[PDB]
Chemist: 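Below is a structure containing kanamycin. Please help me interpret it.
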4 protein chains.
Amino acid sequence: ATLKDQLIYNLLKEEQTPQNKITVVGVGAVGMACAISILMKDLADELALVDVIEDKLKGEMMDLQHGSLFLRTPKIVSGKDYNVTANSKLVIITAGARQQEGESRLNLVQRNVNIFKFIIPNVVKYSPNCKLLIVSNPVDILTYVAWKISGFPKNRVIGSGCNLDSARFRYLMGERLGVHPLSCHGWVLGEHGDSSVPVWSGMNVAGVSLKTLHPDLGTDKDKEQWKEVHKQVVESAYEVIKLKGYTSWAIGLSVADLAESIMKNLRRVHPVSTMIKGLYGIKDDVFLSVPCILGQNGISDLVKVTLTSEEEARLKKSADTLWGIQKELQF
Amino acid sequence: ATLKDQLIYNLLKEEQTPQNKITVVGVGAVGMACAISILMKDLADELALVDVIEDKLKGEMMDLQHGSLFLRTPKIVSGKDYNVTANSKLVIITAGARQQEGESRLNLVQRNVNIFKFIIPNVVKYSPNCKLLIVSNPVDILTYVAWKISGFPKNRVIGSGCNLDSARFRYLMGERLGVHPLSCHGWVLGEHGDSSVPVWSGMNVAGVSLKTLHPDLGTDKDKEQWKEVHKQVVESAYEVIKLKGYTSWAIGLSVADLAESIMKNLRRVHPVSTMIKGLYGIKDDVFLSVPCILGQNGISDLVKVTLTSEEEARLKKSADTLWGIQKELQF
Amino acid sequence: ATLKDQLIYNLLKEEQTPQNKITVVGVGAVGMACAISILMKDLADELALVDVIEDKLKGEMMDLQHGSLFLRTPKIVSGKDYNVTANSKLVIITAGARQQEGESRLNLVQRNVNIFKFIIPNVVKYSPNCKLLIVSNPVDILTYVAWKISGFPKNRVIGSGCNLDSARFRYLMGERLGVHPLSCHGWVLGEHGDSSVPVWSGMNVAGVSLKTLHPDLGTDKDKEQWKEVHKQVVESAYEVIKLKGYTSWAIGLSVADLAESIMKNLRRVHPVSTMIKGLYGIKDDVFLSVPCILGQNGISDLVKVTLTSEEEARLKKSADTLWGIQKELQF
Amino acid sequence: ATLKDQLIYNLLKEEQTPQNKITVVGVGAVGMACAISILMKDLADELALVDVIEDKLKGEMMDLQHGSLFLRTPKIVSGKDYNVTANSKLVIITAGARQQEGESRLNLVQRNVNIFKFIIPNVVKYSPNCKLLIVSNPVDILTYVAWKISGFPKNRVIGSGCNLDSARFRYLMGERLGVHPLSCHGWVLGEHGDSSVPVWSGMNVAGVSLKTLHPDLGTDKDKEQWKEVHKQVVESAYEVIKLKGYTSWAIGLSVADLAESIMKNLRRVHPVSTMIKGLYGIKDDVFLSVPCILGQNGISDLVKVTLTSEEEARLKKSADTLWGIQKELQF
Ligand SMILES: NC(=O)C1=CN([C@@H]2O[C@H](COP(=O)(O)OP(=O)(O)OC[C@H]3O[C@@H](n4cnc5c(N)ncnc54)[C@H](O)[C@@H]3O)[C@@H](O)[C@H]2O)C=CC1
Ligand SMILES: NC(=O)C1=CN([C@@H]2O[C@H](COP(=O)(O)OP(=O)(O)OC[C@H]3O[C@@H](n4cnc5c(N)ncnc54)[C@H](O)[C@@H]3O)[C@@H](O)[C@H]2O)C=CC1
Ligand SMILES: NC(=O)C1=CN([C@@H]2O[C@H](COP(=O)(O)OP(=O)(O)OC[C@H]3O[C@@H](n4cnc5c(N)ncnc54)[C@H](O)[C@@H]3O)[C@@H](O)[C@H]2O)C=CC1
Ligand SMILES: NC[C@H]1O[C@H](O[C@H]2[C@H](O)[C@@H](O[C@H]3O[C@H](CO)[C@@H](O)[C@H](N)[C@H]3O)[C@H](N)C[C@@H]2N)[C@H](O)[C@@H](O)[C@@H]1O
Ligand SMILES: O=C([O-])C(=O)[O-]
Ligand SMILES: O=C([O-])C(=O)[O-]
Ligand SMILES: O=C([O-])C(=O)[O-]
Ligand SMILES: O=C([O-])C(=O)[O-]
């Protein structure tokens, strides 16, 4: 008999449907950072990777598998064919178009739409019950696009949104105050990147509102120029890109944190991009970041942050601009 | 008063006295895989990064800092100047050229010896009591080089060695038997390279020797071709490099594994590059992998594996190859 | 409008079942050590507790719940009624009388069988697909009883068995060798109790056979008296009982280690109580520890350990001692 | 000659002085819950236990040691003599009388002062540079006593304080709001006991002030009776004590949480017992919980909370009750 049969007496065969499966789509730097972060937090019992680039895909799989001894995720698989993603609880999309010399925000989004029209139906075919976490940029528009193509109810389509923006805000807040980011509390909401909104009113340490100690916080009337902290959040991605080519590590950690809440049904509150029609005067099918309760069903609830009229008008303006673009798309 | 002063009453102005500081030298694929692995395993209270490409360096540091919210490593610093590395307990050298598709690690040696002549004096200046963990290829030769340039005693100069080769081996064993790598035991010793030695006599599950069950194990007349598993270990780096252009994740996890044992004083046994003059008839200052006890003072002890005379010969043959290259180097 | 209404907007009313639910029956010393160990290892999304002592049950539940902020298991419940236990993946049984100073574990059979006749049918009614993990003593006999009462197939009824004895053995081996127990390999099989069998032939560090180095190992005229190491393993519970009254922490951790393999489908090998009819000359339905591959379907496979004729005779003796007790049961 | 020497070739004899040693004094329910929580969080490379009852102490030590295989804390030691405590970074004092069912923690003062008169000088003799973490009740008063007796600067004498009371408060908040405690922020300050102070004005989810949404929050006329939540917090220990005899798991986890900030130098904010003379109108050497930044040097800073004058008067009353007792004590 074979060595294996001499060593091992089998009791039964027949596998079970995978219980805690995560899929990552796109094995570029962002996707791989999400993968390694997920593996190191033991969030999945199986991890599938999918991309069109067959060699890199396989290479990344192999390199992760070679580290199996040091992990507690016993099945890692990959393939260009989406059958490898079947029965995933959570599917993380990082795939997208790359920008060139110019050219047009509309053009850029349209090329992602085209890429999504292939990816999204493939994902829903094999994991009809999954939650979709959209990480690709521009994330708020692309969460809309994934929602539209999947036909998934809004609770199961989530955009990473201002999750990383807020964690960046808390880091920079921590640097200034000499306090770990965990104990610095602060929310950046609305549209990811340029037009995000720093909610100065919720900024606190140990429940002490920075705005109470310092009423002019964040305005042009404060000597400490905390507005600069929000600018840095907006600008920090551009600087990292300029310096190393791209962002990856912070997005990976940020995403694993969302995955943790989802996979473990924690019901923690995260700033993620969600369909906000009917909130803040918004009447269009648009996704923006507000604080959401994350769990086994995706977004079960959201928190209604009291915004000033200025803050509401910023979110409304963002919604208008996003809808302006989405209205012109074809799928 | 500044907002910070209104919020926070200072009791003491502390010092910058890190207790468990790790420095990673070189922030390419391998360096950053080592860094994220370390960060996600809470092995350090301070992470220092060093490189000669300053924009890359700053960008990688910033990207890690933006994830501080999701970490428990409160200080992450970097710089081209080695003063940021001061008082490191562990310094991990990942700097230098890497093998391209189809290229031997031994072909990297002149390029990387030059960069070790720059790096090593600068690390010893600012962390004279650190342990050196050498990752750059050819890792065995460069462990000797680091040992020689540093003037450190041999216990504090450790090459990542065959910790990875043995991990890969156990993964492949695992795939063949349907058993998790944790419960598959087997050792690859010698060069981290083409002349590595698979110790067939030591391979086991639950302490039952595979060689005893299957006397033709790893031989030519092996119908099951277990020699192909070791071949696959040998070829694994090249296969991953052919597919994705480099290896990173598996070595990142191997290095973290080694770091864990050192920083937590675990006294686990790892196959790491060490000075083996006096064993197996070797009488030159050759470094290569044999199982070592790893802890707070680096390698405290060597395990003496019972090798066959063929295995012992392989190891000697490998030793003489490495000494052939090292003898011509000057410092 | 309630505070909750004003603060939170609800999308999803329904609540899907818990995906990774564990139940611990018996909230005495062992039950709670299992509980805390499992909670700190993030192995469950829901933890259910059962006991016949209502006060103590509720008190223990509340004490854990108060620590929720520091855990990642969002639902902790209890009741004397087994409806709280429904849809459990894993049900760990720790209820029953414990041996006092000097008392054999086997002296507990009549008392703990009678308790099992009430507990097991209730567990099965509410979690028909669960894996049963038996900890109550005598654990080997009670696993047999749990198998017979439940009507479950043998793969899904596991006794904690010699996972603990083996951990103790490796600790003691470690203390003697100056090596972490992780790197010391030695197996103790058969009864979790006085007739346990140390497999000397399999003891190793880095795959090097201690027995081969030391032919007297485990013999009476061994100058180093290694039989004393196995003696200490046999005696360990008795010593701990006489010092603090009972054992809890170590079994807590051993149980969590088993639950980890089961809940995460790791396919690691553990010596656990299982039906070994048909090996080592055993013709009856004896349960005792042999190495088993442990995963999502419980015990999927047994490792056939190659015992010396003395080792096998001791193991056969162990099976005879156990069947002698089993043989006269009523349920 | 020995098996050990045939197996292992030694390089170094020198060793000793762990980097991250923690001592727990008192191995009753609280001490051992701290111990297991600390071990499972890998906060220490050595753990020392002390108690006056020698058999109990050895039994608890041995039980933990038997689980060594499952932990990454390679040295666990105990003794009645404080020499085993030498060189601790952190010493946790749990030894003392515990309150009976109908009993104030403040009724324990004389008994536990007596105990600290013996314990503290012995602790400081062997670890003059440790941080003291006081858990024994009444924790605030005994933190003052520890500070007085030891001669340590106030930054290095820390009471577990309201870290637990706040966790309970957040758990109960989470239950009412359908949200994980991590995302529910509310602070209970002052005495770890009956005069604790709920900071209604700082309570929030995602930076949204609950008091502004619901102005009667915390008042008598509140239709939702939120004041009942703080009543539950005050009564929680007595309720748990009535049900199971004592509290252990939540304080263990809370203490582990404090230990993690200290040992890893995180500079997170925690409500812990410290000397609050000079603030909130308090002019005496009272120790009470306020939010403090915890790190490598203990309490490096404290956060001044902008209490409402109603909230401030309650804290002042807590200060007055505690001073009434403090001022009578004999050294
Ligand atoms: N021991 C092992 O098993 C493995 C070793 N390696 C080796 O690790 C090394 C690095 O590989 P990668 O990170 O993929 O290469 P990489 O090109 O991505 O990064 C190398 C880094 O070293 C830096 N560097 C060069 N000279 C330097 C100096 N004087 N001081 C500081 N930094 C300097 C470069 O600027 C670059 O950032 C290679 O030699 C590779 O073969 C890679 C995988 C596994
Ligand atoms: N397999 C192993 O290695 C180990 C086994 N043990 C065994 O574990 C068992 C438990 O020991 P401890 O927790 O120390 O005892 P304990 O007396 O502290 O707790 C046992 C609990 O089981 C409960 N119980 C009794 N009848 C019950 C029923 N019909 N349904 C539900 N709960 C019931 C009791 O109310 C009690 O709370 C004993 O048989 C002991 O000998 C203990 C240590 C290690
Ligand atoms: N701060 C907090 O939130 C909490 C505080 N506690 C308090 O912690 C203390 C311990 O409670 P348990 O552990 O439940 O009590 P316990 O009775 O289980 O343990 C007390 C231990 O202290 C030891 N001890 C007594 N005098 C000693 C001395 N002179 N030297 C060394 N050891 C000595 C005893 O031998 C005993 O093992 C009590 O004061 C209790 O009220 C308890 C829960 C929470
Ligand atoms: N035939 C199958 C399908 O294959 C592609 O799907 C892939 C995307 O193309 C990838 O993204 C690409 O975008 C760049 C634009 O510059 C390209 O150059 C480059 N090759 C890629 O990186 C993305 N990461 C993964 C995704 N699975 C097409 O989109 C799709 O229409 C077509 O039906
Ligand atoms: O979206 C991004 O790439 C980012 O913010 O890092
Ligand atoms: O050294 C290498 O490149 C490897 O083995 O991954
Ligand atoms: O069975 C027991 O009590 C033990 O071994 O701890
Ligand atoms: O102090 C106590 O006993 C408590 O609150 O658990």
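Chain labels are A, B, C, ... in exactly the order the sequence lines appear. Going by the PDB entry, the residues shown for chain A are 2-332, listed in order. The residue numbers of chain B are those assigned by the PDB entry, with the residues present covering 2-332 sequentially. Numbering of chain C is taken from the PDB entry, so the residues present carry the numbers 2-332, in order. Here chain D follows the PDB entry, giving residues 2-332 in order. Whatever order the structure lists ligands and atoms in, that order sets their numbers, starting from 1.
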Chemist: So, kanamycin - where exactly in the structure, counting duplicates?
Modeler: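 It sits at ligand 4.
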Chemist: What is kanamycin bound to here, taking the chain with most contacts and naming it as the PDB entry does?
Modeler: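 The largest contact count goes to L-lactate dehydrogenase A chain.
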Chemist: What are the letters of the other chains with a heavy atom below 4.0 Å from kanamycin?
Modeler: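 By letter, the heavy-atom neighbours are A.
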Chemist: Does the residue A:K118 have a heavy-atom contact with kanamycin, meaning some pair of atoms that are separated by less than 4.0 Å?
Modeler: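 Outside the 4.0 Å threshold, so no.
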Chemist: Note the single closest protein heavy atom to atom 16 (O) of kanamycin, along with its residue, its atom name and the distance in Å.
Modeler: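 Among all protein heavy atoms, the one nearest atom 16 (O) of kanamycin is A:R112 NH2, 3.2 Å.
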Chemist: Nearest UniProt active-site residue in chain A to kanamycin: which is it, and how many Å apart by heavy atoms, rounded?
Modeler: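 Heavy-atom minimum to the UniProt active site of chain A: A:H193, 17 Å.
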Chemist: Students should be able to answer this: which protein heavy-atom is nearest to atom 9 (O) of kanamycin, and at what distance?
Modeler: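 Minimum-distance protein heavy atom for atom 9 (O) of kanamycin reads A:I116 CG1, 3.9 Å.
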Chemist: Does kanamycin reach any of the residues UniProt lists as binding substrate in chain A within 4.0 Å (heavy atoms), and which are they?
Modeler: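 Of the UniProt substrate binders, heavy-atom contact within 4.0 Å holds for none.
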Chemist: Among protein heavy atoms, which sits nearest to atom 5 (C) of kanamycin, and what does the distance come to when rounded to 0.1 Å?
Modeler: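 Here the nearest protein heavy atom works out to A:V53 CG1, 3.7 Å.
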Chemist: Where does kanamycin share space with the UniProt NAD(+)-binding residues of chain A, that is, which have a heavy atom under 4.0 Å from it?
Modeler: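 The overlap, by heavy atom and UniProt annotation, is A:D52, A:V53, A:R99.
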Chemist: Under 4.0 Å from atom 24 (N) of kanamycin, is there any protein heavy atom?
Modeler: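 So atom 24 (N) of kanamycin has protein heavy-atom neighbours under 4.0 Å.
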Chemist: Within the structure shown, which other ligands or ions come closer than 4.0 Å to kanamycin?
Modeler: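 I find none.
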Chemist: Would you check for a covalent tether on kanamycin and tell me the residue and atom?
Modeler: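 As deposited, no covalent bond from kanamycin reaches a chain.
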Chemist: What residues, by chain and number, sit within 4.0 Å of kanamycin when only non-hydrogen atoms are counted?
Modeler: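 With non-hydrogen atoms counted, the site is A:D52, A:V53, A:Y83, A:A96, A:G97, A:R99, A:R112, A:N115, A:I116, A:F119, A:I120.
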